Colleague: 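As an example, take this structure containing fluvoxamine.
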Amino acid sequence: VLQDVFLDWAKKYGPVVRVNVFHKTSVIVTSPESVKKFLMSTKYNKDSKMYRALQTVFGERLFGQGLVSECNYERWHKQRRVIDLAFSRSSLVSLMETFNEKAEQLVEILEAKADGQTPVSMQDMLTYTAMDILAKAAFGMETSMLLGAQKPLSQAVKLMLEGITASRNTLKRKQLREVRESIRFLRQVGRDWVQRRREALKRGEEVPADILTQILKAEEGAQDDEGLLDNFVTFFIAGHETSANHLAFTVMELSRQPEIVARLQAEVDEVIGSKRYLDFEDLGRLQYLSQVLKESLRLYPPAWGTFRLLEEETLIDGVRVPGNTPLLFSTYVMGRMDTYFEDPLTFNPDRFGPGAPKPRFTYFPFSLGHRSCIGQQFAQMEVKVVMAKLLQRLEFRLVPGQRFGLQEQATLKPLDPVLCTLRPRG
Ligand code: HEM
Ligand SMILES: COCCCC/C(=N\OCCN)c1ccc(C(F)(F)F)cc1
């Protein structure tokens, strides 16, 4: 992938290197001290130019000015102020139900295929699980992709994601219209779930706190609904894709880590035993699993980095960088430099063991500072629940011909689906 070229240039030409990314010039900055300086201060904001591709795709508005793609500070802070309420500790705890139900359903489906002969794309299975979780937790709606439903919506998402791949890269005639079809499809599903929400509150019906309630609340006194559909599509996608890929990477890696798996099984037996559903307080004690996930994100971060606009010419690590320059920061790159991580190609979860110094601005799969992931705790919870349940009940072997490796898409994800054969534990 393109991130592997940047790593080579980082290693070779040091901490400040001009590059071309999405066919625009920027400076990739790879010192911890630089990361800290620019990420940990609100003085630095995202670069409209770099995110302008995510805002609109092929003349069809995708994330628009939603929580990811909005770069002006004050406009972003206004939404983030209110959307933040849907991610409080009590908000989160109440989602353990959605996470558990979906996790259980996933494990059950796979148990039905656990003959040890039936190939299953774990990438697909984990995408359906993540979307099912997101759709319900965020919007109070059931997609049931895990049981074959909403196969059109699943297809819209797929095409739209290739869309972003070609929009900001790729330098036939039908494939470009299907992407536009897909983007408008997602916006219309948005309208319906927004409408089906308004109708239920027009019947004065009781509806618990949501991401949906919060996005609506942020869009009050808006002449259009566009700022609301922006945030619908942003969360619909951001709230499932990176989690899906993170899961896929982890199961991929694990299929060739028998010792790690054993310890994982060993751990999950002690904390939950055979209990069907996990309580909020259970996740905290899945400490080794926590470590595996953290290491998974170090080698395989779905969201490989972020951009900040450097407005005034500044001196960065002894290099003069000119004003109006986009800064690229890459957790993928830093995670693979032996300057910051001994023997960096080795998947070693002990790196995050208790007592190890926490990596110091050399590792940020959820980014850092104010533009960090609003969904961090959300995804860390959901990912422990799925992984806990998989480890509890099933074993996965990777089908011969399945490659370990990456593709760059809208996010980093396994090049291959994660085709596996499955057995019951024991
Ligand atoms: C393991 C999965 C996850 C990863 C690795 C992750 C990663 C990221 C990172 C690196 C940023 C990009 C910041 C940038 O562009 O500079 C981000 C943004 C964000 N993520 Fe995620 N994330 C994941 C899951 C989620 C989920 C579950 C949600 C939604 C429920 C979410 C929604 C968002 C939002 C809306 C933002 C923008 C926050 C803001 O600018 O105010 N994340 N996350
Ligand atoms: C369709 O892509 C989903 C949202 C953008 C992916 C992303 N991070 O967001 C994760 C939300 N949970 C992202 C990936 C790469 C870049 C970069 F600018 F580095 F290319 C920026 C954002």
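In this chain, numbering begins with 1 at the start of the sequence shown. Per the header: X-ray crystallography, 2.5 Å. For ligands, and for the atoms within them, numbers begin at 1 and follow the listed sequence. When reading the values below, keep in mind they use all heavy atoms of this one structure, side chains included, and skip hydrogens, waters and symmetry mates.
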Colleague: Which of the ligands or chains here are copies of fluvoxamine?
Modeller: ligand 2
Colleague: Which macromolecule is the chief neighbour of fluvoxamine (ligand 2) by contact count, per UniProt?
Modeller: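 It has the most contacts with Cholesterol 24-hydroxylase.
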Colleague: Enumerate the residues contacting fluvoxamine (ligand 2) with a heavy-atom distance under 4.0 Å.
Modeller: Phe22, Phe63, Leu161, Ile164, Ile237, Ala238, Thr242, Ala303, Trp304, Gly305, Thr306, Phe307, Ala410, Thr411
Colleague: Give the residue and atom name of whichever protein heavy atom lies nearest to atom 6 (C) of fluvoxamine (ligand 2), and the separation in Å to one decimal.
Modeller: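 Of every protein heavy atom, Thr411 CG2, 3.8 Å lies nearest to atom 6 (C) of fluvoxamine (ligand 2).
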Colleague: What protein heavy atom lies closest to atom 11 (C) of fluvoxamine (ligand 2)? Include the residue and the distance to one decimal.
Modeller: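 In this structure, atom 11 (C) of fluvoxamine (ligand 2) has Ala238 CB, 3.3 Å as its nearest protein heavy atom.
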Colleague: Which residue and atom name correspond to the protein heavy atom nearest atom 18 (F) of fluvoxamine (ligand 2), and how close is it?
Modeller: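 Atom 18 (F) of fluvoxamine (ligand 2) sits closest to the protein heavy atom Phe307 CE1, 2.9 Å.
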Colleague: Going by the order shown, which atoms of fluvoxamine (ligand 2) are within less than 4.0 Å of some heavy atom of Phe63?
Modeller: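 Under 4.0 Å from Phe63, fluvoxamine (ligand 2) has these atoms: 1 (C), 4 (C).
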Colleague: Which residue and atom name correspond to the protein heavy atom nearest atom 1 (C) of fluvoxamine (ligand 2), and how close is it?
Modeller: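 The closest heavy atom on the protein side is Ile164 CD1, 3.5 Å.
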Colleague: Could you find the nearest protein heavy atom to atom 13 (C) of fluvoxamine (ligand 2) and give me its residue, atom name and distance?
Modeller: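 Ranked first by proximity to atom 13 (C) of fluvoxamine (ligand 2) is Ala303 CB, 4.2 Å.
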Colleague: Nearest protein heavy atom to atom 10 (C) of fluvoxamine (ligand 2), by residue and atom, and its distance?
Modeller: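 Its nearest protein heavy-atom neighbour is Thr242 CG2, 3.5 Å.
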Colleague: Below 4.0 angstrom from a heavy atom of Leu161, which fluvoxamine (ligand 2) atoms are there? Numbered from 1 as shown, please.
Modeller: 1 (C)
Colleague: Below 4.0 angstrom from a heavy atom of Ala410, which fluvoxamine (ligand 2) atoms are there? Numbered from 1 as shown, please.
Modeller: 1 (C), 2 (O), 14 (C)
Colleague: Please state which protein non-hydrogen atom is closest to atom 5 (C) of fluvoxamine (ligand 2) and give its distance, to 0.1 Å?
Modeller: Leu54 CD2, 4.1 Å
Colleague: Return the closest protein heavy atom for atom 3 (C) of fluvoxamine (ligand 2) as residue, atom name and distance.
Modeller: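 Going atom by atom, the protein heavy atom closest to atom 3 (C) of fluvoxamine (ligand 2) ends up being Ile237 CG2, 3.7 Å.
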